[PDB]
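A short worksheet on the structure shown next.
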Amino acid sequence: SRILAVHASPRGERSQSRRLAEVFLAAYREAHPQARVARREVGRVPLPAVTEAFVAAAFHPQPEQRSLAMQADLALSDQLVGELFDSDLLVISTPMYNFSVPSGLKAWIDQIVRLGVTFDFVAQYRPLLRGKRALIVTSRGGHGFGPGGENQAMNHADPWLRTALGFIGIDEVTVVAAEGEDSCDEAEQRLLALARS
Amino acid sequence: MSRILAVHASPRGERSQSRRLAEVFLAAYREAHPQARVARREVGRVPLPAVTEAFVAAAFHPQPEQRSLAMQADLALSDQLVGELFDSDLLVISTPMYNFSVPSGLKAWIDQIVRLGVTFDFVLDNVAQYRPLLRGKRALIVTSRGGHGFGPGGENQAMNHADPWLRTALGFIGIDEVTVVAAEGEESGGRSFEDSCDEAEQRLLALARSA
Amino acid sequence: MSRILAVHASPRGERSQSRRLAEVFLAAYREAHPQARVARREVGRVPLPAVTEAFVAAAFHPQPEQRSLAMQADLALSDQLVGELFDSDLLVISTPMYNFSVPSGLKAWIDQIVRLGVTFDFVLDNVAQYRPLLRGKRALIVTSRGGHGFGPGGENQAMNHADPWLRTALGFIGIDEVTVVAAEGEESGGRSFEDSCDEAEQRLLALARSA
Amino acid sequence: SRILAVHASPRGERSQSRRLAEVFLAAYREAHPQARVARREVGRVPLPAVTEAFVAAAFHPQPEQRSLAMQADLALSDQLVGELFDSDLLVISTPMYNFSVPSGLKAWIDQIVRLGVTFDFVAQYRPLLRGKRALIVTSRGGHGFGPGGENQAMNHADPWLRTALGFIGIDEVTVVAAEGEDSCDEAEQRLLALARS
Ligand SMILES: Cc1cc2nc3c(=O)[nH]c(=O)nc-3n(C[C@H](O)[C@H](O)[C@H](O)COP(=O)(O)O)c2cc1C
Ligand SMILES: Cc1cc2nc3c(=O)[nH]c(=O)nc-3n(C[C@H](O)[C@H](O)[C@H](O)COP(=O)(O)O)c2cc1C
Ligand SMILES: Cc1cc2nc3c(=O)[nH]c(=O)nc-3n(C[C@H](O)[C@H](O)[C@H](O)COP(=O)(O)O)c2cc1C
Ligand SMILES: Cc1cc2nc3c(=O)[nH]c(=O)nc-3n(C[C@H](O)[C@H](O)[C@H](O)COP(=O)(O)O)c2cc1C
Ligand SMILES: NC(=O)N/N=C/c1ccc([N+](=O)[O-])o1
Ligand SMILES: NC(=O)N/N=C/c1ccc([N+](=O)[O-])o1
Ligand SMILES: NC(=O)N/N=C/c1ccc([N+](=O)[O-])o1
Ligand SMILES: NC(=O)N/N=C/c1ccc([N+](=O)[O-])o1
């Protein structure tokens with residue numbers, strides 16, 4: 001059982017989403033002693049944004065012909081994609097920042113959605129990832145951003161992740177949210193339950 | 001004469017359609033308002049710093065005037081970015097749709113300019129109650145998308161977390177007069193994209209002539 | 001009353017000795033010159049963009065006035081950084097020694113402000129002949145090092161590629177009046193570092209009182 | 001024979017140092033068909049600068065006690081160091097930018113000089129890398145920056161690299177420089193000779 005854990009909060013010890021995610025990971029490890037966890041930090045480390053060079057390389061009509069410089073432009077992307085390919089369960093921890101996700105997490109997504117690698121087209125688009133599942137652990141300052149919540153329509157954090165993840169083939173996605181920064185305890189207890197299965 | 005702040009979020013240069021269309025609007029605006037001020041803030045071709053833990057600590061410091069000089073340094077870019085907004089009457093954001101949202105640099109720009117006590121505030125009616133601090137401003141969002149149907153009524157409307165999300169974040173700080181001009185079909189190109197770009201230009205020219 | 005530009009290159013905040021010592025100088029300068037302008041440019045706690053290929057293409061464009069708007073965007077930060085320098089009479093750089101040189105952010109700041117036709121130029125006496133374009137400026141470099149002997153006469157002088165290198169880069173654009181104030185022994189601390197910091201402060205106070 | 005190639009120019013096809021380095025690498029591969037080359041791009045990709053968090057983690061008095069967040073702060077560094085450990089020959093290509101190296105290369109060095117990993121102290125310092133050699137391939141706009149050159153004392157590019165590399169244990173270092181951007185041809189031919197041995 002291989003887990004990729006992507007932490008999106010820039011905060012360390014003080015991060016609630018990171019802490020909850022780590023509570024899940026620890027419980028998961030207890031119940032699956034053989035598990036491996038890979039951590040990809042995108043909160044405390046400045047992940048590069050997509051550049052024009054990246055666009056030219058990633059959408060190259062004949063990728064086998066990419067120059068060495070273009071391959072260099074894609075090397076981080078390839079590494080990030082590889083972590084995803086090698087994992088069965090993707091865990092993403094993230095704050096809501098301004099009704100969406102921290103910019104580093106947007107940057108991660110922008111690196112791993114890759115034509116001919118995690119999606120393709122025939123234009124109609126097709127996902128290429130299979131057999132993967134994801135758990136999103138998110139913390140929010142306010143309230144009512146969840147399903148049936150008063151502010152659901154303002155939530156462009158996790159519902160957006162579902163869209164992007166869905167596009168590349170990850171369609172089994174669970175969200176666990178703590179709001180009001182009781183809800184945390186319900187999340188933590190929800191996570192322990194999820195981990196022991 | 002509205003003072004304009006243009007925020008360009010495509011990493012692409014001459015080839016950016018979102019940038020190009022926004023520049024059509026700005027030039028046309030300039031023609032009708034020779035003395036109007038236009039400031040440009042690049043967030044696409046320039047890596048804009050993400051929000052860090054030090055930024056959070058400074059921005060949310062309970063006694064703001066007591067921030068160390070180091071903390072002030074952590075907010076210096078934010079202060080510059082916010083200042084540009086305060087100086088402007090009309091905000092123009094040019095942006096691609098990247099993976100059903102905006103490029104990460106634009107997200108980072110937003111994260112820098114939503115500032116407690118500066119562009120929004122709150123009181124405790126225990127239950128924090130938020131209030132926007134920007135007034136008298138308007139925004140124009142000029143966007144380009146590879147595919148089709150991300151606009152209202154579109155087959156893929158629910159997947160659109162780019163401009164609808166921008167409208168929400170801007171509304172939070174008090175910019176609720178927001179217009180969206182979108183070109184679609186950029187990936188397929190053809191003459192359907194030419195028409196879409198043509199319509200976008202005509203729309204932008206009308207807007208510029210009346211702003 | 002010299003206008004001052006302070007460029008802080010340590011990633012550390014309250015704990016930065018190089019920053020602290022420079023702030024001692026600035027405060028003391030302020031006390032003697034209440035109306036003096038002081039601008040701070042953070043290059044340590046803020047990731048400053050490296051020079052890119054697009055920057056090179058724009059900065060070295062043979063017809064500069066013909067740069068596209070995208071190219072101008074590529075130089076916008078550089079223009080801001082250069083402008084700060086032009087506005088100043090005295091430049092104060094605070095910097096650690098990091099691996100026998102300066103932190104990468106400070107190197108990036110330098111790479112942004114050495115600009116053809118702006119802070120230096122050249123003619124072809126074929127064999128390019130360079131000329132600095134900054135005049136009437138002075139620099140003060142305040143530095144802190146973990147070890148000892150990196151100064152003149154020091155056992156490790158030849159390993160020092162921090163301030164001696166800064167002096168060379170600044171000289172290239174026309175700042176040849178450069179003073180270096182160094183504290184050493186920061187890693188060992190003890191009372192040898194206390195003395196070194198004390199001497200640095202006394203030196204900086206004298207400089208501030210006469211600048 | 002394992003090679004780590006660190007390219008420092010932000011320029012792609014147009015980069016002279018990159019091109020010369022690749023001429024060497026190709027020739028080296030011809031003569032040592034079993035060779036492996038790892039490429040670490042630090043010119044066209046924004047390598048993060050050392051931060052206060054990095055300092056706190058890297059100089060932690062009791063590293064085995066580092067929190068997960070601190071380990072995250074060091075994960076890139078650990079990866080960069082690992083590439084170095086796994087290599088026999090380090091090749092660095094770099095422009096001279098303002099009498100030194102591009103800032104990305106300074107940032108790389110700042111990630112790989114690591115207490116207890118590539119150097120230690122007993123204070124007296126001690127290198128920890130062994131059996132490695134390096135080749136620096138550098139391109140300069142001007143002239144006379146080499147040994148015995150009129151401008152030698154202004155050169156804080158490769159002579160500085162020697163210092164930093166020397167500090168962690170890489171003391172067999174060769175510099176091949178092209179100046180005046182004939183010298184290139186002499187470098188290229190110098191590189192082919194070096195590669196066939
Ligand atoms: C820059 C920033 C933006 C935020 N935006 C929102 C928001 O849009 N909606 C919300 O409910 N809370 C918002 N918050 C509050 C955080 O979501 C809340 O503190 C969350 O628990 C932080 O996650 P973390 O503990 O993992 O760092 C924001 C906080 C910060 C620092
Ligand atoms: C990294 C990347 C992600 C993209 N994601 C989407 C997308 O999610 N939906 C879509 O319709 N088009 C998408 N596109 C296509 C672009 O939106 C389209 O090419 C757009 O014109 C780019 O804006 P620009 O021309 O101003 O640079 C994407 C393009 C890139 C390079
Ligand atoms: C990444 C790093 C590299 C360093 N390299 C050197 C060095 O090469 N020589 C030296 O004497 N001290 C070195 N030091 C020690 C620092 O120069 C010293 O702690 C200095 O005070 C840092 O400056 P600051 O206090 O303003 O942050 C290094 C420290 C760090 C964190
Ligand atoms: C930002 C910048 C700084 C430079 N600084 C120097 C310098 O200090 N001394 C020098 O001789 N040439 C300098 N040059 C010229 C370059 O070193 C020369 O173009 C070199 O061949 C570029 O390397 P590359 O072809 O691998 O990109 C500089 C060039 C640039 C773009
Ligand atoms: N009910 C709400 O609108 N809650 N919003 C919380 C937010 C949004 C932005 C921030 N912020 O601190 O930046 O807090
Ligand atoms: N989803 C669509 O129908 N059209 N958009 C095309 C996309 C989506 C993602 C990307 N991408 O390049 O990452 O292109
Ligand atoms: N070289 C010395 O004698 N003292 N300096 C200490 C150093 C050198 C490099 C580092 N470092 O932390 O990377 O510390
Ligand atoms: N003989 C010289 O001083 N040569 N210097 C060349 C340089 C230094 C900086 C630049 N530059 O283009 O930035 O070129």
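Sequence lines set the chain letters: A, B, ... in the order given, protein chains first and strands last, and positions in each chain run from 1. Basis for what follows: all heavy atoms, side chains included, without hydrogens, waters or symmetry-related copies. Ligands are counted one by one from 1 in listed order, and the atoms in each one are counted from 1 as well.
Located at ligand 7, the drug is listed as nitrofurazone. Bound to nitrofurazone (ligand 7) with the most contacts here is the chain that the PDB entry lists as FMN-dependent NADH-azoreductase 1. Under a 4.0 Å heavy-atom cut-off, the other chains found next to nitrofurazone (ligand 7) are C, D. Using a 4.0 Å heavy-atom cut-off, the binding site of nitrofurazone (ligand 7) is formed by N99(C), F100(C), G147(C), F150(C), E187(C), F59(D), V113(D), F119(D), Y125(D), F167(D). The N/O atoms of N156(C), backbone and side chain alike, include none that comes under 3.5 Å of an N/O atom in nitrofurazone (ligand 7). At the top of the distance list for atom 13 (O) of nitrofurazone (ligand 7), counting protein heavy atoms only, stands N99(C) OD1, 2.7 Å. Scanning the protein heavy atoms around atom 7 (C) of nitrofurazone (ligand 7), the nearest turns out to be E187(C) OE2, 4.0 Å.
For atom 8 (C) of nitrofurazone (ligand 7), the closest non-hydrogen atom of the protein is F167(D) CZ, 3.6 Å. Contact atoms of nitrofurazone (ligand 7) toward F100(C): 1 (N) (distance under 4.0 Å to a heavy atom of the residue). In terms of protein heavy-atom proximity, atom 4 (N) of nitrofurazone (ligand 7) is nearest to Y125(D) CE1, 3.5 Å. In this PDB entry, the source organism listed for chain D is Pseudomonas aeruginosa. Of all protein heavy atoms, the one closest to atom 12 (O) of nitrofurazone (ligand 7) is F59(D) CZ, 2.8 Å.
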